[PDB]
Every structure is written in structure tokens, then in C-alpha cells.
There are 4 protein chains.
Amino acid sequence: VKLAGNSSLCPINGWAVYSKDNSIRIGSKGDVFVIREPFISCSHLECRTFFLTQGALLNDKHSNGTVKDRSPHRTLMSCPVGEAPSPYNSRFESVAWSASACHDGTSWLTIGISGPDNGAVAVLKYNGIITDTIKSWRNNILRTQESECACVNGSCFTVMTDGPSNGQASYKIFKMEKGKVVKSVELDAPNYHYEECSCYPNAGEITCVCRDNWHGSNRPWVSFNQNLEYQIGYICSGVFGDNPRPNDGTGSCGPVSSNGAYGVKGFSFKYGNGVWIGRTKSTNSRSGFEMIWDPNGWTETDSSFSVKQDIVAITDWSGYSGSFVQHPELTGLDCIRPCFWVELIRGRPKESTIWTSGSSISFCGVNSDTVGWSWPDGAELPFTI
Amino acid sequence: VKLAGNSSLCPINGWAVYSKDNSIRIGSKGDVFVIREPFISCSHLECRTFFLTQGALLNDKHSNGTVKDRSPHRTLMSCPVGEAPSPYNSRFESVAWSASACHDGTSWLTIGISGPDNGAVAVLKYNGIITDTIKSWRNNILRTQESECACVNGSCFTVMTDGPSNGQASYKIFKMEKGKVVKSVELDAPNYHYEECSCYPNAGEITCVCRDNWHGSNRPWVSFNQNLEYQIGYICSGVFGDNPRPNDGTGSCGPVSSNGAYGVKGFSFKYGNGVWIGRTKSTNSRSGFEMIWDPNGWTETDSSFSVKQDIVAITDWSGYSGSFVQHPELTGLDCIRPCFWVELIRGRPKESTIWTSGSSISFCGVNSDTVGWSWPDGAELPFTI
Amino acid sequence: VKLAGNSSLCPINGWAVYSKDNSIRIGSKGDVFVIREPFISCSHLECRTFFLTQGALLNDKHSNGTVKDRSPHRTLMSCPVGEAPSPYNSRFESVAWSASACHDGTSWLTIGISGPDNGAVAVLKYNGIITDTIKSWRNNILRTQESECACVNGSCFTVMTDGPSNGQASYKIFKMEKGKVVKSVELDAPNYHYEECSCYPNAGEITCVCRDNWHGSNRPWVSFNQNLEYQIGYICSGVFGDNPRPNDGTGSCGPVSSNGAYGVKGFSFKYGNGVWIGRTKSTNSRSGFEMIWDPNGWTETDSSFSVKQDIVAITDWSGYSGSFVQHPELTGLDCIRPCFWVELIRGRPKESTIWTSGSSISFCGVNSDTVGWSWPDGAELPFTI
Amino acid sequence: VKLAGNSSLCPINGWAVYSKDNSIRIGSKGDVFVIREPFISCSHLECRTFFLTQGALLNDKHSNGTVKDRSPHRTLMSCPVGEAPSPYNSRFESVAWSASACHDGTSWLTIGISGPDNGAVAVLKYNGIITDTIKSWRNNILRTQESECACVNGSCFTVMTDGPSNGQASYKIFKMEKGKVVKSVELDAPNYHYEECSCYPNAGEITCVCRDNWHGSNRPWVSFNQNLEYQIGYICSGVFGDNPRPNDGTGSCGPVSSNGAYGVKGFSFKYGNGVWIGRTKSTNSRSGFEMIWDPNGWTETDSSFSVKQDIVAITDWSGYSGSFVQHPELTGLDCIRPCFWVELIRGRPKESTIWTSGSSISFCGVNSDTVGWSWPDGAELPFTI
Ligand SMILES: CCC(CC)O[C@@H]1C=C(C(=O)O)C[C@H](N)[C@H]1NC(C)=O
């Protein structure tokens, strides 16, 4: 039975720890994969951590990591949440160096992009069997979310970008059913920059908060209806979401240029005019992580908010973070659970090692209360190398 | 179908071995988690061993174990009974440094506490999805059973403590249905100290034998109806069940203060006025274990009992122990099976290693006869370190 | 639905290879249990390999193996046929240093004996939960088949022995259902000696071909009905099946003393007055294996037989072997498929290592023709130790 | 419900990446089997990777590899597609130094041949249980596909060879039902040489394109109906498909002798008079790989073709490749989906190590577009040896 996306984000007051895989600590001795962007996505029955791997284990020569980001050895795989991703507990999903995945309530749709930078191609797989293909339309690094795609009413959607990671690039939103692109639209988003979008369903529409790697310290967003009729803008909140960024001053609804000329995959959840923002604690490094509730900051420009829930201390590394959803059909709830996962990145380039991998921690919505704390990766570097 | 807890504990003459995971021996080379409190719990179909990990494997630098007991890496996981807990074979359950779990006939209820000591939050999950949150109400290390909770008529129950592990603390009994607290009661138990409760259902009610870390050598207990109407007291037998403890002299039905101002998670099974006391063989160390049947001993003070069955020889190390039950819905029996597990602690503080982990063995009730013997951990220490 | 054991053994011409796990060779690097007696047994749906482990892995110090045969760490487990037994693919069955198992069409019956030599106890489990217990009745190493028991008409049967491994011992046949011993009989077998029986159903009855460790070079047998009314004897064939043994001279229908004073778990299939005998090739060691078809040989004394199918060369080590059965409920055949398995033992006492473990190979019945060959263990000893 | 093979090959334009296991890169630390000929075959629900192993893991002394190809330790196993084959994730299929496998829509049929060169025997299994045997009829290395067999309307087919791998050999086609040979036919192919056939169903008929190890640079083929009524020939195209082979000149419909006096296992898909040809890029080594579409090149001789899609750069190693198929009962499509896998051989004889193993990559049919690229093994040799 197809996942209805008609309900709304549940009302929350904080975030409860949902999972911590300790991959890198476990991986010191265990056969753990060296990985990146470990995003979570759920079905009507279970939740899985997807991730991309260079096809190498921690503490092996092959973790050498000097390799180009986009190698032909990169693969999308998944394992059950909270488990250290190893070759013994991971299901192969697709060959790719950028990807997303989501479940329509019936089957898994995975989207693995691979090939050369000037002709990369996205392979879509419904229940593991290739169902469609998408080719680079700009011949300049076709790439996608690196987190869950969103499904509604039997249709799933994703955002892909092709073009420079500096100036303008091209952005298309795709609508697919049973792994087949039935429709697609190129956003008319001049002066906007979209990368690694974190999308989620809400009352039959999709919202995505993304990364602006070109020229914005705040994050750009796009929300569209099942017919790909959209709207775009930037979280106006002066609690800037991107990293690097400037100190929290006065925000704006289009690209904040001071310091926002790079970035990190992140997310944000829109509540009315308010925003729950996840972000690194540091303004320079992918260190620390905190959730911030700025009621009415999605439209207003302030530096003030009302709640801050710590997640990872500034003294410990973080990295990519993205959002994921639990549908009522999995929960029994009468709303959609917003949840998020954080990538705790270790090694290069901030640490003196030959490799780079990450741990995940994830949290979920919830009305009852929570607490802030620090759930860092916890590995002692460097490794036997 | 919900688990009816209306039958009573099955009459028993002794305890037959049920399982032994050999985790620490296998861990010498295998990828086994370093763990603590591997309690067992069963559903209407199978039994699983739950345990807590620091997220490190045996024989690996990260099992350094100089970390605070309650680190943010401690996680609750489970694997089939008798298997070595490894990331290749364990299911992630929850992020926690204290917890319990129990199945109600439908799904697993897991309860994992994490967070700082001045406001730990218990996250309750039903079938893997968060269903409730309980906050510390004293802001002083909120903690729970470290063993199977008890379900009856579709409602599950547990006991949590908040406050000091020395003097008076606050104790509450929780009642939840489908992972949600539907009723809670604070016990009016001045002079009492409850910690790491071993609870079990009997005839529609729950009886818990716990640990008094404050000032008792005998174990305190609580029993309660499905409406949290309760009774409390201490095991009066002069066969003191805690550890440390004094030599078996004359008990009392309120905390025996000679020598019992510390302790160890243990259990006991009440039959009528008698008791099966599980406890260590030594009175100073967590070494050896034995089962003891002091009939007319739960209400009476003596030193005399009728049976003693050896489990682990004074010469070997033991540790936490807890009860678990096997319901007729799993068993086919017309009564509830009393079972228990014993944690075989190796390493620190009694050995000269840099870690602490434990193996597990369990036994079940039984009418037929058994044999006393010694099923110790069996690992050679130290390890390659 | 209960396995009907009413059909007869299928007629056969030779044995086709069924499996080979390579455990020891794989075990040089992989995490493989050091095991003994990996007998195979099947249900109505799958076949599984059971085996006993010392709770240790190949190439780790704990395989030190100087440990008594009967240690409290010994456990009964199982993994799918053909797979190397590791703590990552094996199910835990029971704590045991002697064992047997068999499926009745509904659930698995396992029997694991543990405890001291003067009072061992056999734990029976039906679907993993304890259903009965049997204590030593001579207080001298209660012990069992180390191979599949036999089920017919929803009752399973096994043979246990208690008493010395030299002179007269005591022999009992247990009839159990749903894992509960519903009847037992002590064989009245003066001058007989039964250990490690390999039993199989045929035409509603059970026949077991065992090992005489006391004074026989020929194998003793027992066959009984569902009411435990039995008959007994020795394979009369001069193609002596035990090991050690003399050169094939003239056999006798009661113990052949010469050279018959020790032995190895073996099996044999009776077909009318003929026997399919499996035995080692050497007469002083456990090396080589061959299936021999001596028609008119179970009741006659000859040295002559019609067929010999090599299985393991004399230049390679073998060990225990036993029979396991297919039933027409798992096969679709109108008869019972006789199969067998052979244990390839490497290490001590024949080899200069610190451990002993074995690999497994299996073959089945089959009407079509096969080929004799040699399927040895294939590991290079000694190991990294 | 049995798999109908009544539909035609789906029309296609190129090949989308389906999987990459990186087994070598991973085996560098992880416990992965050293394998050869990892063919893929699918059921109506999943696709698995079958491979053959020597019973040894990478980076362990048992991969020493000086061993005859045809050892008694060689086994057929399978694991999900895209996963690294390890004893922890692979299922045991059969003892075999040559094999094939296919699912008939109901259960899997595996064909494993083992035994000595003068009289090997193909053991057939249906759903894990032996269902027939086929003995060498020339006593000179009976051998089969090393790739998926073809199933149609409930009958599966395979091709085996017996005889010299130089001069005339003997070649037979077999039709089986429920793993039982129901009909076989010897090809009347004087001057032809068939080995390691890649077969596939098309419109209720099977087509196989094989290896001529005797005196052919082009590949020989056999197509047959459900009654084993057949036809034979060679791919006439001057786009020589074997390796070694000469530079692409003018070919012939009968064995091209220039340089095709050895070879490598391969495939091609027939569409009308056209042919999709999968082949290595070098004419001397098993290096690189590419798909070429030579329309009107299955019946014609040219050096001209229309499309060339790269799969592995000339600069990297490659190996066996085979066709597998996806049926409509699995895909939902209305036609049979052609796919292929490529074996990426590392080590001996081309590199300086003591072992030989292969990774795998695979691609499927597809109407949308794709891209040529290189997806090499990526392992750094030599290993710690
Ligand atoms: C014996 C003929 C056959 C083709 C030449 O040899 C194959 C060549 C191989 C090869 O050249 O890659 C390896 C195969 N595993 C082998 N199979 C057998 C049956 O031994």
C-alpha cells in the first residue's frame, strides 16, 4: 500500500536520540566500511542507513582516501539503523558517487549517479531493478541529495543539480512513479544555488532545505506540489545555517554573501513561519551540532530564537546532516515525524590520517521533553593507519 | 495477540543451563562487542540477549574502559541468545547507558536512557519507533532495571530511580501500553533503596527484587497490581543476597546494614513464603554464583535453607544477574517459566587489563532435575591488550 | 505437519557429493569456530550442520585445546550446510559437550548434555525452549549420538549411554515427543557396547549403527519399533567398519575383539541383508574414507563386497562420520534419502599444533551414477598457532 | 509459478551500471573469498551472485593458488548481488570446480561438477536437494557454463563439453525439469569448439554464445528450441569477440583461426541480424572491456559497427563476462531484460602475487541512455601476500 503524504509534521518541543552506530570506533578492529553521507530513510516497516563507500574498510591501505571524490569504486549501500556498516550487514544498492533513496510504501527507490563528470548518469532502481536512467544535461557533474527523497500519494520526488559548484548552476526537480521519471521541471532560480537537498513531505507537498556552495551562508529552499509547481527562497533567519558562515547577525531572504562561499549538507524543518534549524556549532569547521528553534525565522530576519538543543559539543567533529521522515503508516501516528541524522566526520582533512569516514547519530521529533548533550564520534585518531 | 500474564510461576526443583555465549573467549580474535549487563528477554517466538556497549570491540584500543560508565557512546543492542554480540550479528536497539526491554505479545518495548546526569532522558521505543520520553525528575542520574521489564494483559511495567545511589532516592513504577506511559506512581518508601530491579510477572501482578546500593545486604522488593497499587519490603532471609554482604547470620525485613552499603544487580523468585535466591558465592567479590532455595525465607529470618545449586565456582568471576521469564504463549506451558542470566565479568577492576566486559550464561526453571557445576567465562587474561 | 517415517530407504548405486565447508582452510584468517562432530540434520525445509565448539576460534590462543573434552564452554550450535561455522552465521542451540538433534516436521529437537562426569544432565529443547531433562543414571559420563536422532510419526528417538568406555556400560533408548521423554528402555545387551550411534528411520522403525569402544572392530547395531521393542547385534561382514580394526578377514555377528579396543563415530545403511558401510581407509588411523557395498554382508561373514567408492584418500585425515536422512516431506521422493557426512579432523593428536578442529564433507544416496574421488580438508598446517 | 520464456529481448540502446562488489579491495582486510567466474543469475524475486571458490580467503596463505584449477576444495556459492563474497554472507550451493545455475520461477537449479578429470560428475540440485547426476561421457574434463543456464516454460537448459580443450571435443545440450535431465542431445559440430557457454532465453528459444578455445577468434553459438532441435555457427562479424584475437578485420561464419587458438568466456546478444558484442579491449590480454553494437553483424562480415560503449579501460584488468537475464515475472516489463557481468581478475598470471581472484561488475539493458566509462577492480597489488 502506497504511503499517503497528506498529514502534517508533528508538533514537537525537542529531539530524542534515535541511533548511534559507532562505526569508526568499531571499525578500528572490525570490518567496517569507510563511508560518507550516511543518510537514513524509512519504509512502512523499518528504517535503514544508506551510505556511500569507496569500497574500502577502515584501517586498510585501501582507505588511502587521496582518490578523487567521484571514483568508479563508489557504491551506495544500506544497513539497518544504528549498525556499523560492514560488508557483512550491508545490502548493495547501486554503483554511485552521489545518491538518494526513499520508499513509496511499496518498494525502495534508489538513485545512484555515476560515470564521468562530463556525462554522469543517474540510475534509478525500484525494488533493486533498474527502472529508468537520467543523463547529465549540462555535462558538469550531475548530482543529487545525499539523503532520503520524499514520497507522497505513490509518487516520489528528488532534486538534482548539474553545473558549477561556484556560480549559477541548473536545478531540476523530478517526479517519479515506480522508479520512472514521469515528469521533471528545471527551476528558474537565478542567483540561487542548490546542492545536496534535504527534502521531506508535509500535507501533500514537498519541502527541501539545501546547501548553497556558491554564495550563501543561509540555506536556500524549494517546495513544490505533486505537479512540480514550486516556490523558492532562503531561510531568512539570522541564525545562519550553513557552515562556514558569519556570526549570527541580520539574516535575509536571498543568499547572504559574507562567508557563505562554500558549505555542508544540512536541513531545516519549516513550522508555519518558524524554523527548526540544525547546524554546526562552529562557524568555520564542521565541528559541533545544535538544533535551534527560531519561531518565525523562516520569513523574518533576527538573530533571536527561543530554544537551543545541543547535539554535539564544539569540541567534537560533525559534518553532513540531513533530514528523514517517519510516515504514519510506519508509526501509527496521525502526522509525519521529522527526524534528522548527523554525520560525524573523522580524518582528513582536519585530522592527520590517510583516510576520511563518518559515524552517524540520528534524532526524532517528539512532544515529550529532551535534553541537550554531546554525542560525538568518540574514536581515537590516528589509527594503526 | 497480547501476552496474558495471568498464570503463575511454574513449580521448579532446579535450574538447567539454557545458554552460554562464550563472548569473551571468542572475542580474543572475533569481532565481539565489549559489553555489560547482557540480560535476556523473550517474546512469543524467541529470546534475545540485550546488552550495552561502549561501541568498541574486544582486543581493540577503544575498549580502554577508563571512560565514565555513562558515556554518550553506550548503546543498547540485542542479538539471539547464546551468540557472541558482534556488529555482524547484533540489532541496534537504542542509545543508552541504562535500559530495559520487554515484549508484550505484539512488539518489543525498549527503554534506553542517555543524556547528562543532571537530566537524563529515557526514550521509550515500540517496534523500533519512539513512542514516549521520560525526563529525570531529580536530575541525578535517572536509571532503570538493566533487565527485562514485565508485561501483563497488554501493559508493560518497569521501575526507575532518580536521586542518590547513597542515601534516600526517588523510586517510581511505570505502566505503559504500546510504548506510552499511561500511569506512573512514586513509591512512598522512606528508608528503602531500589536500583536495577529484576521484575517478573506472576498471576497478573509484578514482583521485583532489586539492589539496595545505599545501606542493605538483603534485597528490597516491590510488587504491584496492574493499577500500580503496591507493596514493598525486604527479603528477610539470613541468606543475604546482595554483594558485598556479611556472612549469613540473622536477616531482617528492613535493610541489613552490615556490609551492604554497595551492591550488585540480582534477582529472586518468590514462591509462597519461600525464595530462590540467586547470588554470588563470595561475600566481598563478584565471584561465583549459586542458587538457593530457602522455603519459608521471604518472610522469615534464618540462615537455613534446603537447597544450594552451584552455577559458578568461587574461583571464577561473576557479576550482574537478572530474571527473565518465558510466557506460556511462547512455551505451550500453563504457567510462567522463571529463568535468569548471569553476567561473567572479566577485566577491570579485579584484573590487570585495560577493559571490562562480561560473558553470559542463563538457566531456566524446570521440574526434572539438574546438577550444580561451574560454567565460568573461561577466557585467558590478559589479552593482546 | 509431523514427518511420517513410514517409507523405506531409497535404492541407491553410489553417493553424490552434497557439501564441503572448508572451515579450517577458511579458518586460517576468517573467524571460524574450532569444532568437532559437525553432524548434519534436515527438516522439512532446510538441512543444517550442527557441531560442538569449545567457544574458541581457529588461530586464537583459546584454541589451546589442552582443555578437557568435556569443558563447561563446550556448546552445541548450527549453521547452514556447507558454510564455515562462525559466530556470525551460527545459531546457538545448547550448552553441551555431547549432543544430538533432529526435526520432527514441526520444530527442532536438540539434546545437549553438560555438567560434571559423575552427574551430567541432558537438556532437551523443542524449538529452543527446554522441555525435558535426563540425569546420568550411572554417574559416568552420560553421553549421546553426536549425530541426527530419528523421528517417525511425530516421535523422535535417540540412544544415550552411561558408564565406562571400556567394559560393560549402560545403554538406553529414549522416545520423546515435543521434546519430552515419553518412554525409555535400557537395552539388555550383555557384552555389547554402544557409543555415538548413527540412527535413521526406515519403514516406521529406527535402526542405529554405533561404535563399540570397548572390544569391537565391527559396529554394533540396535533397531527398534515406536514402542521401543528392539533387537540388537553386530554387522557380521568381514569388511570391518570400526577404526582401529584388523585387515578384512572373517567377521562375526558379535564383537570382533582383535584390534577392536577403541573406535570412531561411524554409520552404515542396511538394505535387506546387505550393508552400505562407510569407514576410514587406514586400519590404525583416522585417515581416508570409502563407501563399500557388501550385499549379503549385514548377516554374513565375508571379506568380499561388490562396490567401493573412495571418498577421502588414505594420505588425508578423516574422523567421525554419521548418517543423516532427507525425508520424503523435504524431497518429494516416495522414500527416505540416505545421506552421510564425514568429519575431517586436523591438528592433535596426529599433527604438531595446539588445537584440533575438523571440516565437513557430505554425500547423499542417489540412483544415477557417481565417481569415487578424494575430498580432503585441504588446510596447510601448522597455523600461525 | 514457472517462468515463461515466451517474450523477446527488450530493445535497448546502452548499458547502465547495475553492481560492483569491490570484493578484492575489501578482501584486503575483510574476510572475502578468493573467487573466479562470479556469474549473476536471478529469480522472480532477487538476483544473486554465484561464484566458485578454493575455500580460501584473500590475504591468507591458503590462497597460494599454485593449486590445480580443478581441486576438490573448489565450491559453488552465492550471495546477494553487489556484496563481497565472504563466509559470512554466502550460501553454500555445491562442491564444484565448474558450475551453472538458474531459477525456473519456482526454485533454483544448481549444477556443480566435481570429481577427477577422467570422470567428473555433474551434480544437479533443485532447491538445495540433489535431483540427478550426469557423468563425463568422454572422461576428459566434463565442464559447463560458468554462467546462468536458461529456463523457459518450466524447463531449464545448459550446455556441457567433454573432450580436449584443443581439437574436436564433444558437446551436448541438456534439458531439465525440476533438476532432472529429461532430454539431452549431442551437437553434430565437427570443426566447432564449444566451452563456457553464455545462454539466454528469447521467444521460447535459447541462444548461447560460447568460447572456442581450440582454433577460433570469433565466438561460436548454438540456438535451440524446447525439443533440443538446434542450429550452430559462429558470429560472422569482423569485430572478433574472443581474446586473444586478431585486429578487427574480415571475419567468417566459421572459426577464425588467426590468433584464436585459446580464449576467454564471453557473451553476445542477438537482435535480428545484429549483435551486441561484449569483449575485452586488448587483443592479447584480458584487459579492458567494451560493448559493441554491430547491427547486421551476426550474419555478415565487416569491421564496421555503430556503437561502442566503454566498460573498463584498456589500462585495467578484466576476465570472464556472461549474460544473465531478468524476466518479466521479476521486472514487470513485457520483454526479457539482457544484462551482463564482468569478471575483473587480479593477481596471477599477470601480476606478481601468489593468488588470483576476481571482482565483478554488471550492467543491464535499458532504453534510456548511458555512458561509457571505466569501472576497474581498483585493488592495489601486491597484498600483504
Ligand atoms: C578446461 C577448459 C576450460 C576452458 C579453456 O578451462 C577453463 C579456463 C580458465 C581460464 O582460462 O580462465 C579457468 C576455468 N576455471 C577453466 N575451467 C576448467 C574446466 O578447468
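Lettering of chains follows the sequences in order, A, B, ..., and the numbering in each one begins at 1. According to its header, this structure was worked out by X-ray crystallography, 3.0 Å. For ligands, and for the atoms within them, numbers begin at 1 and follow the listed sequence.
- Lab note: most contacts to ligand 1 come from the chain the PDB entry lists as Neuraminidase.
- Among the choices oseltamivir carboxylate, pentostatin, vorinostat, oxymetazoline, the one modelled at ligand 1 is oseltamivir carboxylate.
- The heavy-atom neighbours of oseltamivir carboxylate at a 4.0 Å cut-off, by chain: D.
- Source organism of chain D, per the entry: Influenza A virus.
- For chain D, the active-site residue flagged by UniProt that comes closest to oseltamivir carboxylate, at the heavy-atom distance given to 1 Å, is D/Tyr320, 2 Å.
- Residues of chain D that UniProt gives as binding Ca(2+) and that have a heavy atom less than 4.0 Å from oseltamivir carboxylate: D/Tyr262.
- Measured by heavy atoms, oseltamivir carboxylate lies under 4.0 Å from these UniProt substrate-binding residues of chain D: D/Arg36, D/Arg70, D/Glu195, D/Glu196, D/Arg211, D/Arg286.
- Residues contacting oseltamivir carboxylate within 4.0 Å (heavy-atom distance) are D/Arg36, D/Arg70, D/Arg143, D/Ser165, D/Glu195, D/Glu196, D/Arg211, D/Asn213, D/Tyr262, D/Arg286, D/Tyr320.
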